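So, a structure with iloprost in it.
Note that chain A carries the PDB entry numbering, so the residues on display, from first to last, are 173-441. Just so it is clear, the values below take in all heavy atoms, side chains as well, and ignore hydrogens, waters and symmetry mates. Counting starts at 1 for both ligands and their atoms, following the listed order.
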Amino acid sequence: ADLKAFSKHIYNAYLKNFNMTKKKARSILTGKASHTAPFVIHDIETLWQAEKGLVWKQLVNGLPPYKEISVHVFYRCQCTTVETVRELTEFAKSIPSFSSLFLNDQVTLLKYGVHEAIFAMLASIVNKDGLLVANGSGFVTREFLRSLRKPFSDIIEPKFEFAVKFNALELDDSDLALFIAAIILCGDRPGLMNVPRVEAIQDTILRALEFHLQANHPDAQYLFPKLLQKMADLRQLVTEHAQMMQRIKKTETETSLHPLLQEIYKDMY
Ligand SMILES: CC#CC[C@@H](C)[C@H](O)/C=C/[C@@H]1[C@H]2C/C(=C/CCCC(=O)O)C[C@H]2C[C@H]1O
């Protein structure tokens, strides 16, 4: 009922939009669902294998042209992000009263929120040693990712470090549903036209989040305040990311940038 039912509705919408969940992820990582472990991408050879059947099963990968391993992997990174971006924008449709905002504000919230939510959800498919890809059929090593040349390794690490530490909060999927909603309904995004409307919606989300957290984690006293502090850390993450992506565009001109991502980075901060 009410906050309880609100929390549940957002959760259901989450389940409907993201097919890889933390639950699934952990089930694979610990070896529970598995029998056969994920194929591991940890170098150039294995990355090649993974794309020809074991992880990605397409004859022609559909990626832009690349002349080196670092750029190739970065194209994979962009593909994942775009995937999650699409799911986020569809998930936002189930956020009560979101779709009724000015179109320009819907755009603004998502332009400035998807990366924060993606970075929060990243912890879900991560451990300290690497991360799941392609609905858990693949597993890419942290090590492999750190071996890419700058600026590509540099762009990846901070997110990796935030993801691993974020896991210390022990959130589950029904917690994450509300958290990502609260992320998207942020009132301080540059260029919002009707801040009070956006903030009233976020308020309803924040109320249910505090509600759900205490219901779902009775023993974790300061979970709510801790989660809210993560919002600031996510902001700093994306703020740095925008500078990194601007530098990619200026000093890695041979690196193709997905047009949806370009649209996001455009005039971003
Ligand atoms: C091979 C391989 C691999 C591992 C990846 C495919 C893994 O599947 C991707 C994980 C990426 C991380 C690395 C990032 C790079 C930023 C560039 C794009 C953006 O603007 O997001 C951002 C993180 C978000 C997540 O989608």
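- Lab note: main contact partner of iloprost (name per UniProt) = Peroxisome proliferator-activated receptor delta.
- Neither the backbone nor the side chain of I213 has any atom closer than 4.0 Å to an atom of iloprost (non-hydrogen atoms only).
- Iloprost places these atoms under 4.0 Å from at least one heavy atom of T252: 6 (C), 7 (C), 8 (O), 9 (C), 26 (O).
- Counting heavy atoms closer than 4.0 Å to iloprost, residue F332 contributes nothing at all.
- Per-residue contacts place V312 under 4.0 angstrom from the following atoms of iloprost (heavy atoms of the residue considered): 2 (C), 3 (C), 4 (C).
- Under 4.0 angstrom from iloprost, there are no non-hydrogen atoms of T256.
- Listed by atom number, the atoms of iloprost under 4.0 Å from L219 heavy atoms are 1 (C).
- Only the side chain of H287 comes within 4.0 Å of iloprost, counting heavy atoms alone; its backbone N, CA, C and O stay farther away.
- Less than 4.0 angstrom separates some heavy atom of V305 from each of these atoms of iloprost: 8 (O).
- The contact set between iloprost and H413, taken as ligand atoms under 4.0 Å from a residue heavy atom, comprises 16 (C), 19 (C), 20 (O), 21 (O).
- Lab note: most residues of chain A in contact with iloprost fall in UniProt domain NR LBD.
- With respect to covalent bonding, the partner of iloprost is none, since no such bond is modeled.
- Residues in other chains coming within 4.0 Å of iloprost by heavy atoms are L219, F246, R248, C249, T252, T253, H287, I290, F291, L303, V305, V312, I328, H413, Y437.
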Identify all N/O pairs between iloprost and the protein with a separation under 3.5 Å and present them as a table of atom names and distances.
unit_1, atom_1, unit_2, atom_2, d
iloprost, 8 (O), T252, OG1, 2.9
iloprost, 20 (O), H287, NE2, 3.0
iloprost, 20 (O), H413, NE2, 2.7
iloprost, 20 (O), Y437, OH, 2.7
iloprost, 21 (O), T253, OG1, 2.6
iloprost, 21 (O), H287, NE2, 3.3
iloprost, 26 (O), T253, OG1, 3.0

